[PDB]
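Check out this one - fluorouracil stuck to Phosphatidylinositol 4,5-bisphosphate 3-kinase catalytic subunit alpha isoform.
A, B, ... follow the sequence lines: proteins, then strands. Residue 1 opens every chain. The figures that follow rest on heavy atoms only: side chains count, while hydrogens, waters and symmetry mates do not. Whatever order the structure lists them in is the order used to number ligands and atoms, beginning at 1.
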Amino acid sequence: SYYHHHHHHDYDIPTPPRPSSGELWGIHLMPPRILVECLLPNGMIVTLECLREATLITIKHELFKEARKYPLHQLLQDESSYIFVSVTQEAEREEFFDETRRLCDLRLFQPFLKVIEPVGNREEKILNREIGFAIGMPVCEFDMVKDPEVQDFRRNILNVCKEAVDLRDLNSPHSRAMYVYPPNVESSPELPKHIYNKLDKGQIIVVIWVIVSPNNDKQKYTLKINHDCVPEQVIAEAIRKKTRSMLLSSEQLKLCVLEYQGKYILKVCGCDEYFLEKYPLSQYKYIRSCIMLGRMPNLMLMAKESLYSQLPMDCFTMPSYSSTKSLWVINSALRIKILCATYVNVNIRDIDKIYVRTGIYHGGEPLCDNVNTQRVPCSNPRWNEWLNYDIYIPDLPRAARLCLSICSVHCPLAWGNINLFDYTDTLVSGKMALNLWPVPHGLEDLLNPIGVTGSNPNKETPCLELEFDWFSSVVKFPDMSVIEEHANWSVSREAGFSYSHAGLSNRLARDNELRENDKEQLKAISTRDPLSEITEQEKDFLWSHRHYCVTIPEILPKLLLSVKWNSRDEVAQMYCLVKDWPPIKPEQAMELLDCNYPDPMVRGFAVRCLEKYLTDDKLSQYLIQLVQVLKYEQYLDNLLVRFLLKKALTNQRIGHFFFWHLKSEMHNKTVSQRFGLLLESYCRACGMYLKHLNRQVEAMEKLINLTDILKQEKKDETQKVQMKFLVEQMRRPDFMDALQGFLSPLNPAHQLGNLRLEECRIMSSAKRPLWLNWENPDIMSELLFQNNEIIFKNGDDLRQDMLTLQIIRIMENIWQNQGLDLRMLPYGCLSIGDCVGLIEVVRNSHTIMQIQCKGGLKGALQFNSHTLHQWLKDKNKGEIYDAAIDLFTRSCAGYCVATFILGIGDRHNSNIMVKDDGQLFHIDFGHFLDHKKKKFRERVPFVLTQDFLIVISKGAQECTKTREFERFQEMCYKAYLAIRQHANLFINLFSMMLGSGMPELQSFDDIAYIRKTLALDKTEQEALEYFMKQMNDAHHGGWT
Amino acid sequence: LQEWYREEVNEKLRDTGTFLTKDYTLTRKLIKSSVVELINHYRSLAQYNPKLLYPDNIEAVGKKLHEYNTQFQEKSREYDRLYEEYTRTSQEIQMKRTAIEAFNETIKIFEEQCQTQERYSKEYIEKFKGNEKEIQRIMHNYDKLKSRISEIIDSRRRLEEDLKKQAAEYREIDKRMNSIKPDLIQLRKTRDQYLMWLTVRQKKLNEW
Ligand SMILES: O=c1[nH]cc(F)c(=O)[nH]1
């Protein structure tokens, strides 16, 4: 009746990528006792029975007492003349020098050991193993790579690594402490106006702490100094007050201050942040949080020599790896012989016929795109044509590359791209063997130039080999000198053109006097965003007035996209404007490291901007974007790498995230080589931090293996059983070793001490994320947080969060440092692996659902709208109450605007959270720029229920009409516009992230959502009203 | 004058010569007295500037919007599922390939050990002649050593076959992706044209 008795005959009720194999090959967690064949110098095989967690000291010391009961005993030296070795799962013969290591921790492939004495008598140097571990592929895997570029990278990048370690031991040990513990400081000293007014005309109250003996007691010297006084001054006032006395004249104090003053430096109580240079205390982040949060700083006087005590000497060592012919001579068009793909996996039934579409490109393309005929279609596909490209060979730009793809009848099968010049500047000539890459999910488009340059290293893939026209000699690219001449010639040649011209658009005819309408159509273009595509008229317009455009530095990004790169005439002149163009702000410069600016002069310039302007603070903000932009660099060795590597080696807090951002993407073979090499270099030069990173790595690996077992074997068991298993395993010593003495990668300032397994637990989600809880082992744990806790989540792709939480952080600092205070809580989050990451826990906050499960009464009738307000009142009572609403009203307002602008997945009772103090903030954002509309809008994802509206207007009825809400509604307008004025950045940030394989960022139209939602094509008054309209129609009343 | 007359300009330029502040704009291979005057003429744009070929029910055209959308989004899952298999297989494959290299290297250490003992043992087979006591137990050890290398090459072989069975299944996955892909584009192209024929009624469409 229901189904018209239609049977579905097929349907039968019978019927997080993974898997990183663990302690032994094919098994996650090696059996608690196990058998291992020890192999001796005398060819004898004992077979020791060994505990999972026994050291090699324990195994050797025993093996040389169980080999005494086997033959040929006197053919073996004293054990100390020996060392273990075996095959690993990465598949190298690893000599086991650290005999304090445990058998589970070795990553053996099969359970066996072999004795030897150590060859390669520089033992020290065969701790490349430390770097190999940190990186998760062995350094010898690079020694075996043929390619000159890779080896030329490895040797030449050490130039940078050297100059970095120079800058560290310059004014040591201070300069060393500076590297290790850089001051955490806002880039502006100016203190925003709403922060000021929490100060009674520029005064904080601080609290210095001290210790005398044994280490036991401490003492609180509570100052009240000027917000804009420095650590030095503050160290004095503390020392004054410690040592005033009735047994001391005033002038006697002054001397006993001077001699003590600079024997001390300012710690922060609870974490390894230190105030180590001339900065107004306001400017240090810890302070500026304490102001905002209604908190009294807790600093500490630490003796410089008790700190310089701790810093070990980096000890940087150099490794064991210690005529042309101008392109412009070449007279012909480009041609390229195709030949034959082999491995082409297609149905001859379903699909008709197949060809090799090709093209030449520079980001966007400099000729008509061509193909070959649809030959030996499907079965054994072989062409042997010569594709003829209608660009003359002198008219190639430095950056240009062939893009190709095998298509069907009609949609693409496989793709691959090659750099037309090698890294030595040399036109590519001869035969090539190019293995293809599959087409991505979203990519319907036939050819794919934004994809990575180079062959796939996966052998078993469509190997489309081909030939390049060869001109009897190595064809290089012109010198700069040679390019300057041709620019000056093309300039003088242009001066004597004649009155009229067929397309006098490219040329002026106004000459040194341009019309006043024209000079302000340029600044009108100048202002427009990156995504507003430019009309040919306008390009030729810009391109003509190009020399006036030096007045308006910021115009450049446009100007470059105006040049035709198919005219070396034009291109050569551009190389000379750009040569010495005015440097620009970093926010505009970063546009010029995206895929659309592939030239090296351009990209050099853009680094020259960062070198000058971009600060270690603002670098650390945008690090993600700059590491992602490495993927668009043509060659391994380049200016951006040399910059980032150096900053990383200068500053150990950047260094830290620089490792993890690269290490994060090491699974992804499009960058496995590149990033590997870079990490190797960083790891060799960063000195002792390597050892700190090696513990963090070690820890994350144990956690990966743990959750892996939980998500495969131990599913279909009760939480109860799983939770036994978890604790049982954390008990074991290889774990207690591995998971206790280390730094949080979410922020390496926090230490992670012993694990309280009381508070460690598996969350309820089906991905089985772990709630881990460590002791803060700081001396002043008390004054920060005695227990540190963070969530490890194997199974989910963090990096969409990682970006949105970054974007939010930026919107906050935009808003707040423009004086207008909307408090966003961009909780910490870090991707460290395939779908592996970390999330900062925020204590004392609950999902609105929890609020309603609490305040729900007795018998399950219906939940109340006020419950939230009533739970929020129970927390906040007095002048307190009014302030808890202000906070709520302010955060709700920011999170309204941010959510809407980004279009992040719809918000509901289970992904909005509220704090005891009454701040509201979103978690678990999903897909960001409206990824779910690929299924069939301009959405409002934060739709303010009654609940919020009530709490917004201190508990009224028909709340939409109060003044309380007029404030709120104004904040939303003031916040929406404030972003809009910075909407260039937000385009550029999203624009730089296309290099990642984030499915929400496939290509520029994805990003184009953010235009309509900021309404950039309009004027501002229109946007306001569009925003009001969009806010009105989701809520059904309120916004005029 | 209302066939050819930014974001959804490009979405209707996707995959196809094609053409379509305060006047008008002409877009694929952007261009700023009358409107229908100038487009019929160019339908070669070289001679203007150095460097235009392709221009009843109501409620059961919208049930076809529900139907082609159930096809498409089932068809998309078919694509989205297989892409994962394709990658997992790729992954799993390579782990095997490494294991083979590791197996291989395991063997080479063991083959050398069966070699290593004979040098040092068949010096002690001849010196003194220990008698049948010493050499029956140096014979026992060597018995294991070889029968172990048997086991390893058994284990490696047994892997190498599986590589092929995976590798076989790998190819088969791409095979079917590449047949599903082209139909997926037309299922998608027609569901855009079907919704274009409907559009105002913007707000009635989300349920289908
Ligand atoms: O302008 C700068 N030059 C050099 C630096 F190290 C720096 O931080 N800023």
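Other chains, heavy atom under 4.0 Å from fluorouracil (ligand 1): A.
UniProt domain boundaries put most chain A contacts with fluorouracil (ligand 1) inside PIK helical.
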